[PDB]
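Lab note: Carbapenem-hydrolyzing beta-lactamase KPC-2, vaborbactam (bound form) bound.
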Amino acid sequence: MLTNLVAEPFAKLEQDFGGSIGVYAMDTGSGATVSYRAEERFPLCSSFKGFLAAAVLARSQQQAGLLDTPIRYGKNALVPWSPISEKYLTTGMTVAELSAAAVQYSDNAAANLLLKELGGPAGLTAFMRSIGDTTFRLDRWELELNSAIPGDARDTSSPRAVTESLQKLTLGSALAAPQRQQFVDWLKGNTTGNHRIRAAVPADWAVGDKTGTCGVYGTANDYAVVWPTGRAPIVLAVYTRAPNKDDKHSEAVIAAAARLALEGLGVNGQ
Ligand SMILES: *[B@@]1([O])O[C]([C]C([O])=O)[C][C][C]1[N]C(=O)[C]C1=[C][C]=[C]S1
């Protein structure tokens, strides 16, 4: 009834990109949605790290002091693209600091350390099942989860399930109130997304996001909660892939798809 009330040229955008774009956007006030390839699977890439941090926050509700726990690690724990954890190799970091690094810098070593805390990819998947997400699956660790192989369901979800779970965690009741605001605050402090959904969002609106870039198969993504002033928040997810291993990802295409999603919802923006 309220899905795709206004058609938007997503097909032309993905054809110009040379791949596939998946979009799901939800106006949490009216329930209206924009949906394009929204139930297809796309690789999560580093976007799983947002849900990883939420799963850590959920575990901290039953294990008080978890966030403050100092974690030491060896050089063998470093993974290419660990921009924060490499600076604390000789000191260690807290669980909360690792979580913030995973969310805000996509830190790979931090992500693997936190996955170990949860019992691995199946532990994160179990958390997602516990909030009602039956689509999400994490199967591997960094960096193997970035292979983005066409047709491979490992380490994928759908734009719709990403958006639905993001809404539950940032705006609904999946986390207790203090943990919910901490998750929002980590997303708001993200540093990796300035050229993606944020580039479609006016500077005077609040926004938290989590990006991912697999590095192959034109595969990259971003999901976000956006608070336009004077109306209810919008939750959205934009995922891309492409058929050839050497196909380039495009941040501009992600920003453009986000613009179309906001336009389709009737949200006056840029
Ligand atoms: B992850 O999938 O994405 C991060 C970048 C982001 O958030 O958009 C970087 C770490 C992960 N990616 C990889 O390890 C492979 C890389 C692709 C580009 C730079 S590192």
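The numbering of chain A matches the PDB entry: 24-57, 59-252, 254-295, in order. Counting starts at 1 for both ligands and their atoms, following the listed order. All values below come from the heavy atoms of this structure, side chains included, with hydrogens, waters and symmetry mates left out.
- Applying the 4.0 Å criterion to heavy atoms of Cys69 picks out, from vaborbactam (bound form, ligand 1), the atoms 2 (O).
- Looking at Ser130 next to vaborbactam (bound form, ligand 1), an N or O pair under 3.5 Å apart turns up.
- Looking only at protein heavy atoms, the nearest one to atom 4 (C) of vaborbactam (bound form, ligand 1) is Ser70 OG, 3.0 Å.
- The nearest protein atom to atom 7 (O) of vaborbactam (bound form, ligand 1), hydrogens excluded, is given as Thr235 OG1, 2.5 Å; this is a heavy-atom distance.
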